Amino acid sequence: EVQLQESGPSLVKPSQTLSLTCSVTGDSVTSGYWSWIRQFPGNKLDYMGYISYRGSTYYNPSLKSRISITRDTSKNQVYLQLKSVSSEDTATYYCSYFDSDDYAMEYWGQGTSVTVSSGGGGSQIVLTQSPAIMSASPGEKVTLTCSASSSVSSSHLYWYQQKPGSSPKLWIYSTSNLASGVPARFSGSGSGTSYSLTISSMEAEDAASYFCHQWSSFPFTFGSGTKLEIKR
Ligand SMILES: C[C@H](N)Cc1ccccc1
């Protein structure tokens, strides 16, 4: 019911501001949060901030004084502005909509590529996904793990699948709930600092990257990712 599309320049010189736009389309919305998320080369995902339905914003301490996220409800649009960019800000940037009442679904944009041609202070939970890389055969039972640096609520640990050329799709919510579009051969489990995704029977189509994610504690964070391959 919701489509998001990111725009802006794909190249930027350092110190310039980055300005991006999220043109949000489709169905009317009575609450929720529009978030910006960025993905580096090598695929580390970075939760930047959000603006809510009521104009409330939240920024990742790591960005604090460089970032602003604004709205233009009349133009049905959300914006990202980031000051003093450097090469470290080279990423694919995504906007995404989520309804706090609707745990089960998340909307992501296409994602825009942006290449780049201080204060803050905070703490974050680290999420570790090992192996970095896995090859299993058609038919094999596969288990993916996510270990957190401190406890998180099991209700706010989530998994995403992503495929080359495309954006993370929500795969599992609240530890063990599969999302729409996910075959029931997948499962999830765990509690405290230890979570896993399971595929009872690996199929060729399941090879992709998997990211766990935590939003039990601010800022939200993603795991380093397990890339899952097929054999032969
Ligand atoms: C990343 C979360 N699934 C989305 C979210 C959650 C809470 C607030 C804002 C956005």
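Note that chain A carries the PDB entry numbering, so the residues on display, from first to last, are 1-232. Remember, it's 1-based here, ligands and their atoms both numbered in the order they're listed.
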>> Help me out - what's the drug at ligand 1 named?
In response: D-amphetamine
> What would the PDB entry call the macromolecule that lies against D-amphetamine (ligand 1) with the most contacts here?
Replying inline: Single chain antibody fragment scFv6H4
> Looking at atom 6 (C) of D-amphetamine (ligand 1), what's its closest protein heavy atom, distance included?
Replying inline: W215 CE3, 3.4 Å
> What residue-atom pair is the covalent partner of D-amphetamine (ligand 1) as deposited?
Replying inline: none
>> Quick check on contacts: which atoms of D-amphetamine (ligand 1) are under 4.0 angstrom from a heavy atom of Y50?
In response: 9 (C)
> From which organism is chain A, by the entry?
Replying inline: Mus musculus
> So which of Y160, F98, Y173 gets nearest to atom 5 (C) of D-amphetamine (ligand 1), if we judge by its closest heavy atom?
Replying inline: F98
> With a 4.0 Å cut-off on heavy atoms, is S100 touching D-amphetamine (ligand 1)?
Replying inline: no
> Please state which protein non-hydrogen atom is closest to atom 10 (C) of D-amphetamine (ligand 1) and give its distance, to 0.1 Å?
Replying inline: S35 OG, 3.6 Å
>> Which option wins on minimum heavy-atom distance to atom 4 (C) of D-amphetamine (ligand 1): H213, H156, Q214, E106?
In response: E106
> Which other-chain residues have at least one non-hydrogen atom less than 4.0 Å from D-amphetamine (ligand 1)?
Replying inline: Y33, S35, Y47, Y50, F98, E106, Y160, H213, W215, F220
Would you mind writing out a table of all protein N or O atoms found under 3.5 Å from any N or O atom of D-amphetamine (ligand 1), naming both atoms and giving the distance to 0.1 Å?
unit_1, atom_1, unit_2, atom_2, d
D-amphetamine (ligand 1), 3 (N), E106, OE2, 3.2

